[PDB]
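Structure of interest - contains meropenem (bound form).
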Amino acid sequence: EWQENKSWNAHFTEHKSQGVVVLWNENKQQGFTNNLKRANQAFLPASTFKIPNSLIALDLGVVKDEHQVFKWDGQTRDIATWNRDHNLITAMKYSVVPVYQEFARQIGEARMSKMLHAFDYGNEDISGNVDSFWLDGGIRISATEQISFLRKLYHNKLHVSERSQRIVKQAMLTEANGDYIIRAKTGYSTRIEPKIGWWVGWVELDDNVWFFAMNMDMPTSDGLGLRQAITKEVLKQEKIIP
Amino acid sequence: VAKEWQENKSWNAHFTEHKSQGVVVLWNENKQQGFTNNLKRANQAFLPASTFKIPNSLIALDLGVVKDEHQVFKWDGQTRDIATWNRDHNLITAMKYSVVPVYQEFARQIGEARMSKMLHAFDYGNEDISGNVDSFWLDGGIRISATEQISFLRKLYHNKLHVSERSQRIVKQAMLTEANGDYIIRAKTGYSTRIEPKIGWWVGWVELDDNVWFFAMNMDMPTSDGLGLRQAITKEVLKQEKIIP
Ligand SMILES: *C(=O)[C@@H]([C@@H]1NC(C(=O)O)=C(S[C@H]2CN[C@@H](C(=O)N(C)C)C2)[C@@H]1C)[C@@H](C)O
Ligand SMILES: *C(=O)[C@@H]([C@@H]1NC(C(=O)O)=C(S[C@H]2CN[C@@H](C(=O)N(C)C)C2)[C@@H]1C)[C@@H](C)O
Ligand SMILES: [Ca+2]
Ligand SMILES: [Ca+2]
Ligand SMILES: [Ca+2]
Ligand SMILES: [Cl-]
Ligand SMILES: [Cl-]
Ligand SMILES: [Cl-]
Ligand SMILES: [Cl-]
Ligand SMILES: [Cl-]
């Protein structure tokens, strides 16, 4: 059950942009989107892959808890917030790729593939380097498939411990106030065309949950704030947030 | 309190500017250092009122009275003054709207013996639950000070309480109050009205990237028109110490 609400295209038009927003009303089990075809087009997950990567790392004990310190590897990189020690909370918040590349090496090719199949995550293909396949390898996932994966995480239904799922959902916390809670992860995929930006997660209300997954063309980094802004425009229009 | 508490008396200016009287207690986790405007009141024990929802939720989860934070507790049909209470709730919304009737049923199901044993295990306040099993934190014998709230919250933060790690994680999720790009606040307000002196509480912590600041405040609350000062005075103090922008 998926309704094409093409009136949302205006929110992309207004901003000089092309993309898709997908919403899922958990209570009514109804889905909405501006573009059914792009909603099912698969892209590299890029930094949104930190969600399954964190889950696998916790379930295998590569990460013991959300306070364990991961030492900076001593390589100065362009994003300054990466050149410091991190735990799981701050590595997610600052999208610290080197920490997650190390997770993937310690998970290893065999267990990564097995768990992604267990997760039904995208096309379950990890072809490429073990520490970069979600950046420039074979894995692809659509907006609707992100939703399906996130729904399982929300319900503690993934095939990892309940504890690992609770810790990752804590690490995904982005915004909270008296009206809603957002747990989400951004992404920006540049190594292979098309360059796109991601925002995936959900909005917790008192009596319902709205899952969302959006991607949009992102020729330059100047447009990155449109990921959250366009999603919220749709969320507001649909009365989900004030 | 291994390190001696530090008294910052300039914080009283934030009480007197509102013609109010109270205490703010802060604990810098990295430095293991406590601060307060009034050491005597910091150690004065009061009824916890709604802040007791934190230990109550922990015990109910550990004993299986609450299966998880999605289990629905049906409205019992009685219409009460606070409109948000007249509806079904789960643990998240019962904490958010401080739905007393839900927590009175938690306490009844826990029962006197297990409730006493658990609060002695937590070393919660004066550990005294004399009174009605479903009202002793409103009008019975239990008392806790602001510094004792800090000690209890610090154990909860570190998962050191004598309940399952899972119960502690769930309650910390339910305490979520505020989150933005700078900080996260997990906290619980309280308003004690059945027994004098009427007082307001705000207890919790601020999570930063690299540190956690625990806080506990209470203040005299002769009328409900001062209730916003629980959060506002605490945030003034947090800002003066450059903890939040
Ligand atoms: C993840 O796709 C990439 C990583 N994450 C990311 C983003 O999701 O936008 C960036 S942008 C950079 C500027 N602020 C930081 C951030 O976490 N946000 C914008 C939310 C990081 C960066 C390219 C990774 C594959 O490089
Ligand atoms: C718990 O102390 C009482 C409950 N909690 C509470 C409060 O701490 O504020 C109130 S005040 C009432 C008006 N606004 C709502 C609120 O909870 N907040 C502003 C946070 C509810 C209420 C008296 C319980 C013992 O009655
Ligand atoms: Ca599959
Ligand atoms: Ca003030
Ligand atoms: Ca003094
Ligand atoms: Cl990544
Ligand atoms: Cl399912
Ligand atoms: Cl568990
Ligand atoms: Cl949380
Ligand atoms: Cl209560």
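Chain letters correspond, in order, to the sequence lines: A, then B, then on. Note that chain A is numbered according to the PDB entry, with residues 24-265 shown in order. Sequence positions for chain B are given in the PDB entry numbering; the residues included correspond to 21-265, in order. All ligand and atom numbering here is 1-based and tracks the order in the structure. Structure method, as recorded: X-ray crystallography, 1.8 Å. Every heavy atom of this structure was used, including side-chain atoms; hydrogens, water molecules and symmetry mates were not.
- Looking across the whole structure, one can locate meropenem (bound form) at ligands 1 and 2.
- The largest share of close contacts with meropenem (bound form, ligand 1) comes from the chain named in UniProt as Beta-lactamase OXA-48.
- Every other chain with a heavy atom under 4.0 Å from meropenem (bound form, ligand 1) is named here: A.
- Other-chain residues and nucleotides with a heavy atom under 4.0 Å from meropenem (bound form, ligand 1) are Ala69(A), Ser70(A), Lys116(A), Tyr117(A), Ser118(A), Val120(A), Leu158(A), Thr209(A), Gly210(A), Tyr211(A), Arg250(A).
- Put simply, atom 19 (C) of meropenem (bound form, ligand 1) has protein non-hydrogen atoms near it, under 4.0 Å away.
- For atom 16 (C) of meropenem (bound form, ligand 1), the protein comes within 4.0 Å by no heavy atom at all.
- At a 3.5 angstrom cut-off on N or O pairs, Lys208(A) does not count as close to meropenem (bound form, ligand 1).
- In this structure, atom 7 (C) of meropenem (bound form, ligand 1) is in close contact with the protein, since a protein heavy atom lies within 4.0 Å of it.
- In the vicinity of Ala69(A), heavy-atom distances shorter than 4.0 Å reach the meropenem (bound form, ligand 1) atoms 2 (O).
- Using a 4.0 Å heavy-atom cut-off, the UniProt beta-lactam-binding residues of chain A near meropenem (bound form, ligand 1) come down to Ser70(A), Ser118(A), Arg250(A).
- Counting protein heavy atoms under 4.0 angstrom from atom 22 (C) of meropenem (bound form, ligand 1) gives zero.
- Structurally, the covalent attachment point of meropenem (bound form, ligand 1) is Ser70(A) OG.
- The source field of the entry for chain A reads Klebsiella pneumoniae.
- For meropenem (bound form, ligand 1), one of its N or O atoms has an N or O atom of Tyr211(A) under 3.5 Å away.
- Result for chain A and meropenem (bound form, ligand 1): the nearest UniProt active-site residue and heavy-atom distance (1 Å) are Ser70(A), 1 Å.
- Within a 4.0 Å radius of atom 1 (C) of meropenem (bound form, ligand 1), the protein contributes one or more non-hydrogen atoms.
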